[PDB]
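Drug risedronate bound to macromolecule Farnesyl pyrophosphate synthase.
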Number of protein chains: 2
Amino acid sequence: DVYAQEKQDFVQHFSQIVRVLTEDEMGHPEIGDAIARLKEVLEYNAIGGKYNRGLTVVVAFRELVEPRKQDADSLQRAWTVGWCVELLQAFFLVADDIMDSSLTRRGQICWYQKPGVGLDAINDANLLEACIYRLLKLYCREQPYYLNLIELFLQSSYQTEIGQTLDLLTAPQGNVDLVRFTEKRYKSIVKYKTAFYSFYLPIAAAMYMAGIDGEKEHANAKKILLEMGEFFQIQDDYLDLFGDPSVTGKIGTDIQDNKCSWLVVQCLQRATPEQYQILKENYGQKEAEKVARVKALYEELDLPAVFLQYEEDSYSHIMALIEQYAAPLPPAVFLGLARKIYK
Amino acid sequence: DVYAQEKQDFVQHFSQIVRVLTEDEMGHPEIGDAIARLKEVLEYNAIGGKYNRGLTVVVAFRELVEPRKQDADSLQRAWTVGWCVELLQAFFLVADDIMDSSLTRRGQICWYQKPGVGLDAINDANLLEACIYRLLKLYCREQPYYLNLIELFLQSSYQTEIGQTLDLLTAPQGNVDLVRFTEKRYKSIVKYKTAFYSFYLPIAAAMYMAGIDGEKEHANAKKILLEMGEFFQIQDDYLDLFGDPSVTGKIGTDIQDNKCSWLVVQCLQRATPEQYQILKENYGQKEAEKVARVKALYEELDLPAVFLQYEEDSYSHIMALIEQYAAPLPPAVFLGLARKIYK
Ligand SMILES: O=P(O)(O)C(O)(Cc1cccnc1)P(=O)(O)O
Ligand SMILES: O=P(O)(O)C(O)(Cc1cccnc1)P(=O)(O)O
Ligand SMILES: [Mg+2]
Ligand SMILES: [Mg+2]
Ligand SMILES: [Mg+2]
Ligand SMILES: [Mg+2]
Ligand SMILES: [Mg+2]
Ligand SMILES: [Mg+2]
């Protein structure tokens, strides 16, 4: 597996990242306490995932750049840009867990729930964002793709924040209106809140680093990747309720939080007016017994089977898109990633 | 007054800013609801101040660039970069009001306290940040100072977040330890949390736009501006307690929030062991009667007089720094700004 090959060198580079970020303290000991906090935030929130987004930069880089140009220094930059993608995710997740009133992430208590942290986590999240641009300046400032990467990270952040806005507006607390929950609304939410930053960003970053800056090549890569991103968020929604928290590392809140989940959208398409009534009375509430009623209804409608069928249809569709849109990039770049999220 | 001269053209440009930012909706009606929210966030949080930071970019621009190069297009860019500085401030203030548990800002309820908003304001604050970089790309991408401005805004954000970290770490809730509150700690907090972004940033932005990118010229401008920034935060701390909320537009929380305020630092330098005991028992608590006891102690020690004396000594010191470090920039750039914050 090409991801497993690269993983150990990638994960080890995190020590170099922590080191260069905390060497700001060298020439300014007055900010020592702040740098110690930054280190703690990095170690708690950036470590412990599967690193699929960051590894995707490294894997794609190795398949897009001639082996003769994969010197030690170029590899260091690739690992760094990979870690920047992981830091962007950590920024979004720390804030997301506050806004979604979540309990655990990656098997441990959410950062904001940690005693002594609380809403100070807002500033911690913004520091994670700032670290991205410090790392890009330190490692990539002299490279011809520097400005392209800065603009890519900024644009991806904007798109993701627009998506979070749609997510939050469609799920007002204490206000259950099921008519908002359409398939058309759902697809817009997930394209912006997840697809750009999770799938387009890491491959696009590798493309720029390899000198592939063509409008056309980026457009074709988007066609494949935004569809993969849609599937990924559908899977995330399914696992919120039907996944095992010991595997997922997080407790689900979509029902309690009144979210426009793929599950509720599918339920609404299949529900009798009597099932619709059950949904309306129990959705968007914290009571455990009410959450249980919605899950029972989902099982009654065999939504787990609908998801399995969607996974298969989606895989076939993404493979057809790869056949059409991959060239001139090697199909392996997209196939490797697909194997990672569908398997 | 050179600020009042420029104000009306600057404030009117806000309509053009809102317009170009919400024309993202044109070719993507799927995100319409999000763009409507962005407009609301802009109008509530970016409007209603004195615009001293943003106007400083415009004023400095007019004094640093030859009148022959102040065409309509260059002025538009100056107003835009000014508004970017105001957006950076709005980003920091929306988050700051959450973390400081504040009630009002600019005479109205804090955005996060508004019914229906709550912790969704976290994402709203990040959208304000993102708007900065959209505006820089749209107006300045073809200019030779583009990358310098991007790096300046990113660096200023990092510095400000490091300062916020020091502010929050020195003021842990429910944990009153007065020994942390030293003059040396105070000066470090305010340099990072306020001085860079409030004073260095707007003048530095104008300097880059005028082609003044010299390490030496920026170093000299910092010497003056970081000192002005220190005074500004001292004044802000004084006004938290002794200002009139109808003028300041905000209710003070520094005592309740256990903050390392200039007032508490000065109090500690002058207090008998018996006054120290009063401070220790009443500081960092929400009870109105306990806040009143600290204010009475501050008045007992004549801290309002100490502040008046500090204001005069500081003004003299900043003027001496202008005499030494202004050249080759026109002294008027620094004098105009000084008149604005000391008067
Ligand atoms: O990991 P989570 O909280 O299930 C999630 O996928 C996290 C997330 C945050 C920001 C953008 N996209 C996804 P969400 O959308 O809140 O369900
Ligand atoms: O306007 P405020 O809340 O008095 C303040 O000046 C706002 C602020 C926010 C961020 C950086 N610097 C100042 P603070 O430091 O919280 O006293
Ligand atoms: Mg979430
Ligand atoms: Mg969420
Ligand atoms: Mg989820
Ligand atoms: Mg405050
Ligand atoms: Mg504050
Ligand atoms: Mg204050």
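Below, read A as the first sequence line, B as the second, and so on, with proteins coming before strands; counting in each chain starts at 1. Below, each value reflects all heavy atoms present in this structure, side chains not excepted, and no hydrogens, waters or symmetry copies. Remember, it's 1-based here, ligands and their atoms both numbered in the order they're listed.
- All instances of risedronate together account for ligands 1 and 2.
- Other chains within a heavy-atom distance below 4.0 Å of risedronate (ligand 2) are, by letter, B.
- With non-hydrogen distances under 4.0 Å, the site around risedronate (ligand 2) consists of B:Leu93, B:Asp96, B:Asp100, B:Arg105, B:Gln164, B:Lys193, B:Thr194, B:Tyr197, B:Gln233, B:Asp236, B:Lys250.
- According to the PDB entry, the source organism of chain B is Homo sapiens.
- For atom 5 (C) of risedronate (ligand 2), the closest heavy atom belonging to the protein is B:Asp236 OD2, 3.8 Å.
- Looking at risedronate (ligand 2), you won't find any N or O of B:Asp97 less than 3.5 Å from one of its N or O atoms.
- Polar contact check, B:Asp96 against risedronate (ligand 2): a nitrogen or oxygen pair lies under 3.5 Å apart.
- Atoms of risedronate (ligand 2) lying under 4.0 Å from any heavy atom of B:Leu93, numbered from 1 in the order shown and given with element: 7 (C), 9 (C).
- UniProt Mg(2+)-binding residues of chain B with a heavy atom under 4.0 Å from risedronate (ligand 2): B:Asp96, B:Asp100.
- Geometrically, risedronate (ligand 2) and B:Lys193 share a nitrogen or oxygen pair separated by less than 3.5 Å.
- Scanning out to just under 4.0 Å from risedronate (ligand 2) turns up other ligands and ions: ligand 6 (magnesium ion), ligand 7 (magnesium ion), ligand 8 (magnesium ion).
- Looking at risedronate (ligand 2), you'll find an N or O of B:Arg105 within less than 3.5 Å of one of its N or O atoms.
- Residue B:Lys250 places at least one N or O, backbone or side chain, under 3.5 Å from an N or O of risedronate (ligand 2).
- Measured by non-hydrogen atoms, the distance from risedronate (ligand 2) falls under 4.0 Å for these UniProt dimethylallyl diphosphate-binding residues of chain B: B:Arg105, B:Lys193, B:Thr194, B:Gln233, B:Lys250.
- Among the atoms of B:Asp100, some N or O lies under 3.5 angstrom from an N or O of risedronate (ligand 2).
- For a threshold of 3.5 Å applied to N or O pairs, the pair formed by B:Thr194 and risedronate (ligand 2) contains at least one separation below that value.
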